Amino acid sequence: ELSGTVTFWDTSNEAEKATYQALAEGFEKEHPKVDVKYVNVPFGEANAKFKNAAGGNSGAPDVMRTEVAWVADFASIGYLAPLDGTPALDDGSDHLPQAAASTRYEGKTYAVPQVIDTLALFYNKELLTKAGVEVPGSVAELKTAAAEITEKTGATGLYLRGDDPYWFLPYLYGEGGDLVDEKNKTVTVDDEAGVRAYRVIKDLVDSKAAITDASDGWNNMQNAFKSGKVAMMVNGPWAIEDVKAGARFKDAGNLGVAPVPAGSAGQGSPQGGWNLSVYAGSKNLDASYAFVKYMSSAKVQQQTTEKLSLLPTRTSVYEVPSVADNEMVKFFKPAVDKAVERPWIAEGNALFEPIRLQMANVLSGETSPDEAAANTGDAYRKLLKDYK
Ligand SMILES: C[C@H]1O[C@H](O[C@H]2[C@H](O)[C@@H](O)[C@@H](O[C@H]3[C@H](O)[C@@H](O)[C@@H](O)O[C@@H]3CO)O[C@@H]2CO)[C@H](O)[C@@H](O)[C@@H]1N[C@H]1C=C(CO)[C@@H](O)[C@H](O)[C@H]1O
């Protein structure tokens, strides 16, 4: 017997949310005495909304779609139910290891993996063909390509998202850098790779290879890509269905995807994704654990991919012929296997804010790449007291 209310806060976007609400309410098929109360909470509001509710014990959800960085964030302040030895964990070993690391805090499991992701370079196949160019493998080749795309088609080569710090990471990795050396507790973002990365992004916009905006970046990016204003953008699996809604990409066929470009030293893209957690103060714990088990089951992960092309965390699901043949999946899974894994620390998501501010000021010309990198590092040393 399961019964009662299970309130689920989902952060999925406008293209994803009808699918996730249907999946959530499908828990009631097998458990008709449970009432699933689906709520969609915008991504940028959800961390604060959950903390406010959990800290007040007031209108907190039973189950929270928890970003990979949010697990240690929320768990560090006691807001998540530990899951070890509960029915929430079924076939745990099925999950990709890097997925499983984000679920852990101080030797306890506080979430179950849902989707895994990384950033990639999406491109308009027809524009590149019309421009006579190949999909660029590096920043250097992207600049050459962008000039041909402007000269032959009038589009801009790249929409470079300028208001979300996560988009700095491919450039950092491509210049040979990283945020921190975790094993050695050393801040590394202000090494010369960080200077070079800020410089590359500024050059892409100044040279007119790319355009950007200081606000409303998600909408501006998607609108520029879908309208053919740009030929390329960096984005993740959560954009696929949104892009395919557009006249230009109905023909799933016109939507190309490739790795983010290499920089002067190498290439990399960050690992991201979503897990599912239970609020520590839930008044319907059995029903919530079962709900988490259901939402993370192989069946529901397979359905998510079939409807949205989001990537499963469960290895078995890749073997299901239907997942094994989705062309967005066949590209993204190897890219995810290569993606760079961050420190899963309480302060992890706070590492993004200094990048946000310094990247904005580099793009507007208020701050040099040199000063931006040093400022980022200074902010990290303040955030991480036992880092040098
Ligand atoms: C800045 C943000 O970057 C990283 O998060 C990325 C997620 O891992 C991706 O999955 C993707 O999230 C989208 C979901 O897939 C989608 O279903 C829907 O929820 O919309 C999401 C946004 O489009 O993209 C994210 C990057 O945009 C990183 O891992 C994450 O921790 C970072 N978030 C921090 C930054 C801010 C504000 O700058 C806060 O709002 C967050 O609470 C922080 O955690």
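The numbering of chain A matches the PDB entry: 17-404, in order. Because only heavy atoms are used, hydrogens play no part in the values below, and waters and symmetry mates are left out as well, while side chains stay in. Note that ligands are numbered from 1 as they come in the structure, with each ligand's atoms numbered from 1 the same way.
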Participant: The drug at ligand 1: which of sampatrilat, acarbose, montelukast, netupitant, fostamatinib is it?
Facilitator: acarbose
Participant: Okay, contact question: for acarbose (ligand 1), which chain racks up the most heavy-atom pairs under 4.5 Å? Name from the PDB entry, please.
Facilitator: Acarbose/maltose binding protein GacH
Participant: My understanding is that we take every heavy atom of each candidate and find the minimum distance to atom 6 (C) of acarbose (ligand 1). Doing that for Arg358, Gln130, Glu83, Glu30, which one comes out nearest?
Facilitator: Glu83
Participant: Polar contacts were defined as any N/O atom of the residue lying under 3.5 Å from an N/O atom of the ligand; does this apply to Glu369 and acarbose (ligand 1)?
Facilitator: no
Participant: Do you see a protein non-hydrogen atom under 4.0 Å from atom 14 (C) of acarbose (ligand 1)?
Facilitator: yes
Participant: Counting only heavy atoms on the protein side, is anything nearer than 4.0 Å to atom 1 (C) of acarbose (ligand 1)?
Facilitator: yes
Participant: Does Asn63 approach acarbose (ligand 1) within less than 4.0 angstrom via side chain, backbone, both or neither, non-hydrogen atoms only?
Facilitator: side chain
Participant: Out of curiosity, which residue and atom connect to acarbose (ligand 1) through a covalent bond, if any?
Facilitator: none
Participant: Please compare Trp183, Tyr182, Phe59 and report which has the shortest non-hydrogen distance to atom 33 (N) of acarbose (ligand 1).
Facilitator: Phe59
Participant: To which of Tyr36, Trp86, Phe184 does the heavy atom nearest atom 44 (O) of acarbose (ligand 1) belong?
Facilitator: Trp86
Participant: Any protein heavy-atom neighbour for atom 36 (C) of acarbose (ligand 1) (distance below 4.0 angstrom)?
Facilitator: no
Participant: Considering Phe368, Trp290, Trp254, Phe66, which one's heavy-atom position lies nearest to atom 32 (C) of acarbose (ligand 1)?
Facilitator: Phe368
Participant: State which residues lie within 4.0 Å of acarbose (ligand 1), judged on heavy atoms.
Facilitator: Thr27, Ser28, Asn29, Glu32, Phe59, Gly60, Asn63, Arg81, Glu83, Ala85, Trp86, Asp133, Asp180, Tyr182, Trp183, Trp254, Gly288, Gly289, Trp290, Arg358, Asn365, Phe368
Participant: Pairs of nitrogen or oxygen atoms, one from acarbose (ligand 1) and one from the protein, closer than 3.5 Å: please tabulate them with distances.
Facilitator:
residue	atom	partner	partner atom	Å
acarbose (ligand 1)	5 (O)	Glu83	OE2	3.3
acarbose (ligand 1)	8 (O)	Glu83	OE2	2.7
acarbose (ligand 1)	8 (O)	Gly289	N	3.2
acarbose (ligand 1)	10 (O)	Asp133	OD2	2.7
acarbose (ligand 1)	10 (O)	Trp290	NE1	3.0
acarbose (ligand 1)	15 (O)	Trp290	NE1	3.3
acarbose (ligand 1)	17 (O)	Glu32	OE1	2.6
acarbose (ligand 1)	17 (O)	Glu32	OE2	3.4
acarbose (ligand 1)	17 (O)	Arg81	NH1	2.8
acarbose (ligand 1)	19 (O)	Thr27	O	2.8
acarbose (ligand 1)	27 (O)	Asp180	OD2	2.7
acarbose (ligand 1)	29 (O)	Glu83	OE1	3.4
acarbose (ligand 1)	29 (O)	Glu83	OE2	2.5
acarbose (ligand 1)	29 (O)	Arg358	NH1	2.8
acarbose (ligand 1)	29 (O)	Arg358	NH2	2.8
acarbose (ligand 1)	31 (O)	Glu83	OE1	2.8
acarbose (ligand 1)	42 (O)	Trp86	NE1	3.2
acarbose (ligand 1)	44 (O)	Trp86	NE1	2.7
acarbose (ligand 1)	44 (O)	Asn365	ND2	3.0

